[PDB]
Amino acid sequence: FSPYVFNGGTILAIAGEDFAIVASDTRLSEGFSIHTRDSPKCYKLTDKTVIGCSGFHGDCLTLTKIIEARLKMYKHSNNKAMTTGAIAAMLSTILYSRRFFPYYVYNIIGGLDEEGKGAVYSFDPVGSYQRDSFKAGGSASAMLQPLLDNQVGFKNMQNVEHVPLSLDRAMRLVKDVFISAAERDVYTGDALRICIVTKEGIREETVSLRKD
Amino acid sequence: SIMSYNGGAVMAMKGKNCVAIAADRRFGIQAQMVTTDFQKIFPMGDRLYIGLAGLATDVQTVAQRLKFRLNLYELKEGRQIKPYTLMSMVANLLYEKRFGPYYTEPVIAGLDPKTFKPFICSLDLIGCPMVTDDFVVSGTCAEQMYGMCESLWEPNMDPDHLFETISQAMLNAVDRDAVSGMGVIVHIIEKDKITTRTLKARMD
Amino acid sequence: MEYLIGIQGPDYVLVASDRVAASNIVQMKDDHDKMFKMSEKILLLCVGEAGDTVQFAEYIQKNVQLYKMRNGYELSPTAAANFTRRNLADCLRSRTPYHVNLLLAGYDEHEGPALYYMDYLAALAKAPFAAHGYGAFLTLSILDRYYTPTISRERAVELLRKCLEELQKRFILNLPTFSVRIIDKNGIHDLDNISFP
Amino acid sequence: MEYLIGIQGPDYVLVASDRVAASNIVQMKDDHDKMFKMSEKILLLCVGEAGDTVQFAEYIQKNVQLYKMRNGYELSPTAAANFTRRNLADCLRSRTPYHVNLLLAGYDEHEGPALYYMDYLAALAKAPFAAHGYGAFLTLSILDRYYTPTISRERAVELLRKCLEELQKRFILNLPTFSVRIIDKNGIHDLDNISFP
Amino acid sequence: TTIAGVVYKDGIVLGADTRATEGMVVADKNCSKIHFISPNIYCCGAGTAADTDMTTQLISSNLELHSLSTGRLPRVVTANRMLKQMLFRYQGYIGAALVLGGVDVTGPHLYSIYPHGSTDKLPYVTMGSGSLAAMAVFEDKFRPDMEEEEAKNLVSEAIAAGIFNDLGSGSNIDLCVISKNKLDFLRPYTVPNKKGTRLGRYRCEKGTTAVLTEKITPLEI
Amino acid sequence: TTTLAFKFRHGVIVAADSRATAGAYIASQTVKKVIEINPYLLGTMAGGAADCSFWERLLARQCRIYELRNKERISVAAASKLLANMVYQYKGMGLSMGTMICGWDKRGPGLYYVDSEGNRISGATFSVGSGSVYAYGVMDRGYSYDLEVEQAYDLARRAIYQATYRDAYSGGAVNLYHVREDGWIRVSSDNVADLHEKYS
Amino acid sequence: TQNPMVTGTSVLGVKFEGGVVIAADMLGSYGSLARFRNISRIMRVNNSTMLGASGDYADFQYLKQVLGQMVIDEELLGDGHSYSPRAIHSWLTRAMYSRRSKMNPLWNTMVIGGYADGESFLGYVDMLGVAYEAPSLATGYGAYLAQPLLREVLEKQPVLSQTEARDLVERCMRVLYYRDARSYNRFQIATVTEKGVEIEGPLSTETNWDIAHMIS
Amino acid sequence: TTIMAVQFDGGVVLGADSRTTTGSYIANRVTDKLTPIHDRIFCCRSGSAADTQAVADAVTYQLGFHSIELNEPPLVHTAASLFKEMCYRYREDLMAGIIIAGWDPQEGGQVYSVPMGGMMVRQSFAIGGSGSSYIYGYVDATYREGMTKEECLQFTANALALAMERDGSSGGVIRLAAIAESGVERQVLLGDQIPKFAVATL
Amino acid sequence: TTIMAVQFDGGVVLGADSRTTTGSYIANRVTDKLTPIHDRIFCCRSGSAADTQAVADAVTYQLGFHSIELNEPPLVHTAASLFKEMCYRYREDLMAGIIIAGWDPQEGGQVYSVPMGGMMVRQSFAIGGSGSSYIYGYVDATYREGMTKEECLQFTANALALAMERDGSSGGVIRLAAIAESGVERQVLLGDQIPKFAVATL
Ligand SMILES: *C(=O)[C@]1([C@@H](O)[C@@H]2C=CCCC2)NC(=O)[C@@H]2CCO[C@@]21C
Ligand SMILES: *C(=O)[C@]1([C@@H](O)[C@@H]2C=CCCC2)NC(=O)[C@@H]2CCO[C@@]21C
Ligand SMILES: *C(=O)[C@]1([C@@H](O)[C@@H]2C=CCCC2)NC(=O)[C@@H]2CCO[C@@]21C
Ligand SMILES: *C(=O)[C@]1([C@@H](O)[C@@H]2C=CCCC2)NC(=O)[C@@H]2CCO[C@@]21C
């Protein structure tokens with residue numbers, strides 16, 4: 001009896017000066033079959049924080065419920081909503097509590113810090129986390145990450161101006177990168193769910209990917 | 001995995017009347033680097049090249065046996081080999097060892113010796129040929145190369161833009177693989193010249 | 001574990017090996033030679049599994065000398081190295097594989113000095129410097145730090161001494177004495193052994 | 001592998017240990033102490049698995065010193081040895097066994113000098129001389145050949161030097177320096193380290 | 001992989017997908033899984049790509065030799081015997097699963113050949129990882145003695161079912177129609193999937209890449 | 001991973017790389033392998049990232065509690081002993097930690113090596129990780145107790161650079177720290193590409 | 001349980017305008033042996049919720065015991081609050097995940113169907129705690145043989161009638177009888193609408209064996 | 001799989017199911033497990049589809065050659081002997097349970113069983129396969145001496161239907177063959193031709 | 001082992017073989033596999049002798065206590081429920097296949113099957129054990145509705161004899177029990193009382 005299974009899915013987060021973007025694919029699969037074509041992997045935590053979970057789906061559901069409960073408890077005890085960094089540290093301790101029977105979940109947190117700037121935090125299944133500027137996770141993370149290193153980080157580029165990232169360019173880049181991923185990865189496709197975090201709140205967009 | 005023992009990445013890309021083939025330069029035993037000038041691209045003709053990725057011993061073995069067979073073919077036939085014929089020859093060589101496989105995957109890039117039409121193909125562990133009109137990759141960082149190539153490749157590129165595209169793809173892909181890197185070498189094959197370039201890369 | 005090292009200079013090659021033959025926990029021999037003379041300007045240094053080392057090395061030696069007898073001239077270092085790699089690779093997939101790690105040093109009148117590295121899987125590399133063993137892990141960075149392509153043989157012997165001193169300080173095995181040879185246009189010269197009291 | 005040795009004389013005990021702390025192939029430390037002071041006239045020498053050695057040794061040390069504080073006099077070497085064997089044996093069949101090999105040296109005003117040998121299975125033996133490690137295999141016969149019960153401490157230091165010299169000649173591990181202590185009616189005395197350049 | 005085949009009133013329809021994968025990554029998007037055996041016999045291959053390729057090439061050469069010797073049109077039973085004897089000889093270590101369709105003097109014949117050397121002669125067959133999805137369509141909608149267009153639509157539907165419901169199948173749909181009077185090798189027949197349009201131009205400009213050494217060799221024409 | 005530390009006349013030098021790997025995939029090139037336990041006490045991380053982070057953060061909490069209760073800062077030996085006792089309880093369960101604890105206390109400079117196996121050793125020079133063997137050679141050929149501060153900086157940078165050159169699982173940047181009597185300072189973060197330019 | 005003993009094959013579910021329909025065969029297999037040929041694998045949970053299970057029949061019976069008691073306990077209170085299909089689905093997910101985390105799974109795959117507040121519910125739970133919602137569902141071999149046909153109909157026509165849904169279920173059951181070795185010719189059909197839960201008993205499929213004469 | 005053969009005065013009756021399984025998936029649902037080895041000699045194949053097909057083809061080849069050289073109709077015992085030799089020689093490599101039934105002018109109608117392992121025994125009736133286990137008591141209770149061809153056909157159909165009801169590896173249609181001096185007659189029973197037995201209901 | 005129970009209007013009939021085996025050696029050849037759980041409730045035990053004995057003793061204890069507290073004759077369903085609870089709770093530890101047959105004033109004669117794993121199903125007839133496999137077709141062909149007690153006894157004896165002929169783990173004597181409102185009647189069939197079926201001979 002194996003307590004795990006791989007359910008696929010790709011998530012992406014890009015931090016801006018005044019925005020954050022969290023995107024995911026909506027396909028849920030097991031083995032060579034497709035369970036559903038309409039399962040998003042992004043969840044709203046606060047009005048300033050979104051989380052992205054990929055991996056084993058039962059662990060994803062349980063962890064989502066646990067995080068929501070902990071946020072409610074914190075608001076009861078401390079009379080304020082939790083910040084993005086506090087959520088990241090709490091999630092790190094939650095993940096390490098299962099060190100000897102882990103959560104098979106890959107997590108990316110995206111939101112705004114206390115100065116209003118974009119913040120992305122990436123986790124491994126046991127709770128090691130880091131603050132980044134962009135990050136990809138899931139089955140097509142190895143395809144997506146080099147392109148973001150080139151196009152957002154300007155790595156290996158010679159005499160190229162480091163113009164700050166705009167929300168328009170970031171949205172176009174996300175759409176293009178997921179279009180490229182759905183070509184080569186069998187676990188990625190169906191639809192793309194994009195969540196944009198700004199001081200005005202969270203805004204959602206859906207675009208179509210290829211169904212084969 | 002026995003393929004990942006030495007690492008290595010090879011890539012071939014198609015242009016307008018031109019082909020490009022790029023490879024990494026590291027030779028190492030698992031985690032230790034031994035040399036930084038290991039040859040993985042071999043000439044099989046004036047406008048025909050083969051790149052091999054995988055176990056370095058099989059890389060050298062396959063290159064030498066392939067040159068044996070190609071030299072005999074060109075002596076008997078009095079002609080230069082076409083890229084598709086070389087693909088078939090390599091597939092035959094690899095499938096003769098079906099149950100004792102050579103641990104190498106080849107890419108072939110060339111121009112037809114008469115009509116000067118670009119050709120690129122890839123072969124897997126036992127010799128199933130894959131002919132493409134865009135690009136082919138092989139090695140330990142294949143997924144990274146796939147992402148870069150899908151994002152950057154455009155049809156009907158001139159030699160300079162082809163060089164820029166393949167160089168960016170290889171550099172950014174090997175920067176994310178631990179056992180690949182330590183330099184990149186690129187060959188641009190045209191009708192009238194071969195251009196070989198070494199790239200400024202990360203040596204960590 | 002046994003240790004081999006080779007440094008290439010503008011007109012010379014410098015090789016050193018350890019002189020220990022061990023069984024279990026005892027050192028049975030402390031003046032063992034691990035260098036085989038292929039020709040007047042070629043040396044083969046072999047470590048690895050017992051029996052495999054001498055059998056493979058002496059087979060290669062016999063065939064190289066037979067080439068000299070049959071043709072009236074000697075194999076070049078590159079040709080000898082490729083012959084060695086062919087034989088090791090051919091025997092790799094058979095029922096009698098050799099578990100040997102090798103260095104090949106030589107001087108060619110037309111090509112100059114050459115040092116070649118070969119692992120037990122029969123991959124052949126050409127290097128300015130190289131080493132074999134667990135001590136390689138400790139001394140390769142010392143070579144990286146202080147090696148220049150234009151180095152004289154006095155400075156090469158000094159750098160070799162640095163590497164062996166590091167082995168005496170940080171390595172867990174008792175490797176107290178080392179055999180040192182040099183190959184130049186005049187042939188193979190035995191230098192003094194490097195010993196640590 | 002680590003090395004311990006003990007020689008008992010008419011009025012003294014002589015103990016020596018090696019000073020090497022190793023991880024994989026590198027010597028991380030070369031001035032490590034493997035001798036623990038139980039009381040004014042008792043020494044414990046412990047080798048074995050990492051962590052187990054210090055935890056067990058310091059537990060024993062703490063309880064022996066607590067006996068001194070509570071009762072106003074000190075445990076005799078025999079009683080300390082039996083306490084140690086009881087604790088190791090009790091933990092042998094539990095879920096947290098200690099993999100430690102021990103020597104215990106002491107002087108009693110009424111019973112004289114004593115040397116005790118204990119293996120990881122918690123069997124306790126009393127010996128005139130004893131050793132622990134892979135080097136024991138090489139040096140126990142030297143002790144058998146030259147030891148007499150009436151030996152003076154100068155001759156004991158000479159015999160210890162013979163054993164360590166044999167380790168330098170025949171042993172495959174690099175054990176270059178040794179800590180030497182003596183226990184007599186006046187207590188514990190640190191002798192000079194025995195070093196081999 | 002999804003491969004399928006039906007018999008209709010005048011002959012054979014074979015269908016396949018065009019995706020080739022190495023694990024869970026897509027290696028080829030335009031693979032041809034319908035192989036030529038003789039001008040009247042064709043084969044759809046699944047399993048290990050190299051095994052399928054080499055086996056079909058060997059049997060095609062042997063059948064060409066036989067037809068040159070006899071001067072007559074080859075028969076599908078001859079191909080069936082050759083293939084299954086070869087596959088039984090290797091005890092299932094040649095991983096070829098084949099759908100064999102032909103028209104000879106005795107009529108339309110369709111076979112399913114399994115890697116261990118087992119053969120079934122049937123009026124409709126499916127093989128591959130998407131075989132069950134195609135077989136559902138066949139068991140729902142198959143009728144004996146169909147017309148050419150009905151059979152083409154049915155095989156297209158079965159291949160599409162494999163494409164959209166299996167992770168190892170995708171891309172385009174290839175068809176082969178074999179009657180006694182004609183052969184139609186339709187690549188591609190339908191395109192159900194395309195790549196979305198790109199929204200950004202990833203600055204491709206000269207001088208972005210830094211070069212250490214350069215060597216130019218002129219070639220003579 | 002390559003971590004390095006040595007004691008010299010003017011204090012303690014700590015240096016680390018910044019590459020995080022998951023198999024042969026480079027997860028990160030900007031990871032932080034030095035934890036700041038308190039303004040006078042530093043720790044390094046090698047092995048399991050999560051293990052090292054969690055347990056050294058736990059050590060930081062315990063050390064703060066010590067300072068509150070005893071109204072005096074903790075010593076390096078006591079902190080290393082606390083960490084060793086904490087990780088001994090989980091022996092055989094699969095913890096991967098290799099740590100250096102560095103600081104300045106009433107006995108002067110201090111440097112301790114603590115690993116999940118159970119070792120706790122004092123010393124003057126240490127290196128932990130995959131590339132530690134390559135760093136040891138350069139450090140041993142260059143190390144003196146009477147080094148000048150800039151010379152010590154250069155030696156540490158050179159050793160980490162050579163380790164990243166030879167080891168596949170080391171790379172990124174060299175992060176350097178100097179423990180002095182008044183506390184530690186962040187010296188530099190130098191990319192190994194720039195160091196390749198400087199040294200070649 | 002670590003080894004299932006008596007099992008059931010596949011369960012089917014489709015939602016339509018005004019309710020949900022679920023289908024399952026009446027067979028319990030002991031390996032390859034069709035041992036218990038008259039068992040019901042569909043359960044009426046409450047007036048809005050019905051449940052069907054595949055896998056270990058003993059685990060299914062345990063779940064039926066626990067769920068029935070929970071429903072009775074809620075009805076004793078008399079406060080006008082009932083369990084929705086969604087709440088029963090969430091409770092089932094929690095139960096399965098808790099059992100999996102103790103390394104003592106319940107060897108079942110479950111389909112939950114319901115109709116509450118003018119809205120249809122169809123939900124899937126697996127042995128490991130994977131749970132989701134979809135407009136059509138099939139477990140076991142039906143995931144390979146039946147889900148294609150149901151999905152193809154639903155992509156073209158996203159809203160179905162009761163007649164169309166029942167016809168589609170009967171077609172899929174026929175396909176399962178053709179191609180599944182652990183299948184049986186008698187099945188039950190449960191429907192949930194605004195009137196509640198109705199179970200229609202031993203139904204059979206009409207088979208066609210004409211291709212038997214095409215073998216030659 | 002369920003295969004059966006019954007001997008009557010002047011011939012034999014063979015019967016089989018029509019299911020091929022790859023695990024729990026039915027690859028072929030109308031398969032023919034009755035093979036003509038010669039004009040009046042048939043085999044029922046159980047076990048590995050590939051192995052049984054190969055053995056049957058080899059025996060057909062050898063028996064045809066033998067019959068041409070001797071200029072006689074072959075004996076059923078000879079075919080059973082060829083099967084036994086091949087199945088015993090390659091018993092480590094083959095999974096093949098065979099029933100050989102036929103008519104010859106010298107001994108009449110004959111039924112031989114070659115189980116796995118390569119033994120050969122002549123029986124008055126023989127059953128084989130995975131479903132054969134469920135009908136052992138029924139055939140022992142119902143078999144009587146001196147049955148006619150029609151009674152043998154009914155008996156075989158009843159037994160095969162009972163086996164197909166209880167076995168997950170057996171099912172489909174019933175294929176029957178009657179072999180006598182006048183020749184071979186083949187039947188298919190499908191749908192409502194298959195005998196029905198009432199299921200217990202509470 | 002072969003155990004059987006058949007329901008008739010007004011009661012039940014149970015039957016079993018009498019073989020205990022430790023491998024291929026018969027340790028007990030006259031064992032009683034029919035156990036009185038209560039006055040009108042019996043169980044047939046299959047599987048592990050020790051496990052089935054322990055479970056039967058525990059259920060007898062619990063049912064007696066329950067009947068004393070309620071001052072009523074127990075129900076057959078209650079006994080089947082107690083067996084099901086124990087067999088499901090300890091399904092990892094126990095190898096026990098049970099048949100529970102009985103009569104109660106409310107529902108009449110009842111037969112319940114508790115297979116391994118701990119499921120509970122009411123049947124009109126139930127068979128179990130290792131020999132039960134060989135008589136599945138026979139019971140499906142021979143069972144008819146509205147049998148009398150004597151016909152049920154004959155049917156059970158025939159089935160058990162057929163099972164004992166083909167199974168190496170079943171044999172000995174046949175033990176039968178008829179349970180009705182008037183009580184329990186027990187029989188042993190041995191030697192020539194056991195039904196005989198002719199063996200095919202060439
Ligand atoms: C199909 O079966 C498939 C293809 O590679 C296919 C094989 C034979 C002809 C060439 C291409 N075989 C495979 O191994 C993968 C796994 C699932 O389907 C494949 C794409
Ligand atoms: C280093 O040991 C290493 C780092 O990923 C790890 C991560 C950051 C902080 C602690 C050190 N651990 C590993 O497992 C890989 C393989 C070897 O080196 C790593 C890069
Ligand atoms: C029967 O034994 C069976 C058949 O597939 C096979 C079909 C062709 C003729 C020989 C018999 N063999 C098997 O492996 C499966 C499993 C059980 O029965 C089969 C259906
Ligand atoms: C029957 O199943 C059997 C009996 O020994 C046992 C005897 C007492 C009552 C319970 C049943 N159990 C066994 O393990 C052997 C092997 C097969 O059948 C047995 C005889």
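Quick note on labels: first sequence line is chain A, next is B, and so on, each numbered from 1. In each ligand, atom 1 is the first atom listed, and ligand 1 is the first ligand listed. FYI, side chains are in, hydrogens and waters are out, and symmetry mates aren't considered; it's all heavy atoms of this structure. Excerpt of entry shown; contacts counted in excerpt.
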Legend entry - Drug or drug candidate at ligand 3: salinosporamide A (bound form)
Legend entry - Chief chain touching salinosporamide A (bound form, ligand 3), naming from the PDB entry: Proteasome subunit beta type-6
Inset, instruction - Tell me which other chains have a heavy atom under 4.0 Å from salinosporamide A (bound form, ligand 3). - result: H
Legend entry - atom 14 (O) of salinosporamide A (bound form, ligand 3) - nearest protein heavy atom and its distance: H:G47 O, 3.6 Å
Legend entry - UniProt active site of chain H closest to salinosporamide A (bound form, ligand 3), heavy atoms, to 1 Å: H:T1, 1 Å
Inset, instruction - Heavy-atom contacts with H:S46 under 4.0 Å: which atoms of salinosporamide A (bound form, ligand 3) show up? List them by number with element. - result: 2 (O)
Inset, instruction - Determine, considering heavy atoms only, which of H:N28, H:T1, H:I3, E:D120 sits nearest to atom 1 (C) of salinosporamide A (bound form, ligand 3). - result: H:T1
Inset, instruction - Tell me the organism the entry assigns to chain H. - result: Homo sapiens
Inset, instruction - Give the other ligands or ions lying under 4.0 Å from salinosporamide A (bound form, ligand 3), by number and name. - result: none
Inset, instruction - Heavy-atom contacts with H:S169 under 4.0 Å: which atoms of salinosporamide A (bound form, ligand 3) show up? List them by number with element. - result: 17 (C), 18 (O), 20 (C)
Inset, instruction - Name the closest protein heavy atom to atom 20 (C) of salinosporamide A (bound form, ligand 3), giving the residue it belongs to and the distance to 0.1 Å. - result: H:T21 OG1, 3.2 Å
Inset, instruction - Name the residue and atom that form a covalent bond with salinosporamide A (bound form, ligand 3); answer none if there is no such bond. - result: H:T1 OG1
Inset, instruction - Identify, for atom 10 (C) of salinosporamide A (bound form, ligand 3), the protein heavy atom at the shortest distance, and state residue, atom and that distance. - result: H:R45 O, 3.5 Å
Inset, instruction - Give the residue and atom name of whichever protein heavy atom lies nearest to atom 8 (C) of salinosporamide A (bound form, ligand 3), and the separation in Å to one decimal. - result: H:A49 CB, 3.8 Å
Legend entry - Other-chain residues near salinosporamide A (bound form, ligand 3) (heavy atom, 4.0 Å): H:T1, H:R19, H:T20, H:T21, H:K33, H:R45, H:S46, H:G47, H:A49, H:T52, H:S169
